[PDB]
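Note: structure shows diclofenac engaged with Peroxisome proliferator-activated receptor gamma.
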Amino acid sequence: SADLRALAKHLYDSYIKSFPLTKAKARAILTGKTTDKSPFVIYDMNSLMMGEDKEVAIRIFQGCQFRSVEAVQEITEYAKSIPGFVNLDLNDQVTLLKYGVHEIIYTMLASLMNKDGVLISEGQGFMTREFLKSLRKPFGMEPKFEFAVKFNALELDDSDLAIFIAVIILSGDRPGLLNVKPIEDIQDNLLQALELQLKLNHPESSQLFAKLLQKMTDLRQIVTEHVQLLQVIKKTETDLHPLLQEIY
Ligand SMILES: O=C(O)Cc1ccccc1Nc1c(Cl)cccc1Cl
């Protein structure tokens, strides 16, 4: 039990060290807290180009593409610090990440979100949900917002997210994995540690562990729909990053 707690601290340390915008910073920026600075708000085309100070719809997709890329670099950096990940068969490390990064992006994306919009550029900016929903065509972050709303109601902090994200990466159901068993061995560990952490950090909360695993369903749905859209865009525009091209 003391070992699981120690494993939780490790993941947390590494999470802090791998992701410069945490959920705690992001919430401070959103709630006008004096620990951090207020963002500029992008709510329309006028304030959009007013906010680039700092086609529009194409410019914002490419922007999301560039931010996704950095996300992958940071998530990759984080995976290397999960005990046993770097000991795994190389082809599988690549496999696990290739299929997990999207799921993690949306998880941490919820960290940047409220029912009214999302933080961007390390909290410097705040693009509104309506402005995005009105962006066209095609430009329709709306399901990401609905998951965010549901997701953020669990009220997990960064030390929760750190373990949960580790679990996601270590998914032995990932397609085309050579050796499944060691990955599962690691995930079982992460899982058991997530169980204890949620039981210690949210004691009044019931079945939060179960509730937190169920959300992995929602994540699959989101990512499938995302990939479909991106494939349609790829055939309606002739002219992705070498990392972006790799995952897709
Ligand atoms: O612009 C932002 O920072 C939000 C954003 C949009 C698209 C893709 C990624 C990100 N941010 C982001 C980053 Cl930079 C790292 C880890 C997880 C997330 Cl959600």
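Throughout, chain A uses the PDB entry numbering, with the displayed residues spanning 208-261, 276-361, 364-462, 465-473 in order. These values consider heavy atoms only, across backbone and side chains, with no hydrogens, waters or symmetry-generated copies. Every number for a ligand or one of its atoms is a count from 1 in the order of the listing. Looks like X-ray crystallography, 2.5 Å, at least that's what the header says.
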For diclofenac, which atoms, with element, lie under 4.0 Å from some heavy atom of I326?
-> 19 (Cl)
Interfacing atoms of diclofenac (cut-off 4.0 Å, heavy-atom, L333) | 4 (C), 11 (N)
Numbered atoms of diclofenac (with element) below 4.0 Å of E295, judged on heavy atoms = 15 (C)
Of all residues in chain A that touch diclofenac, most belong to which UniProt domain?
-> NR LBD
State the atoms of diclofenac, each with its element, that fall below the 4.0 Å cut-off from a heavy-atom position in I341.
-> 1 (O), 2 (C)
Any idea which atoms of diclofenac are less than 4.0 Å away from a heavy-atom of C285?
-> 7 (C)
Ligand-residue contact atoms, diclofenac with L340, heavy atoms, under 4.0 Å = 4 (C)
Considering only heavy atoms, does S342 approach diclofenac within less than 4.0 Å through its side chain, its backbone, both, or neither?
-> backbone
State the atoms of diclofenac, each with its element, that fall below the 4.0 Å cut-off from a heavy-atom position in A292.
-> 13 (C), 15 (C), 16 (C)
4.0 Å heavy-atom contacts with diclofenac | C285, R288, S289, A292, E295, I326, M329, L330, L333, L340, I341, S342
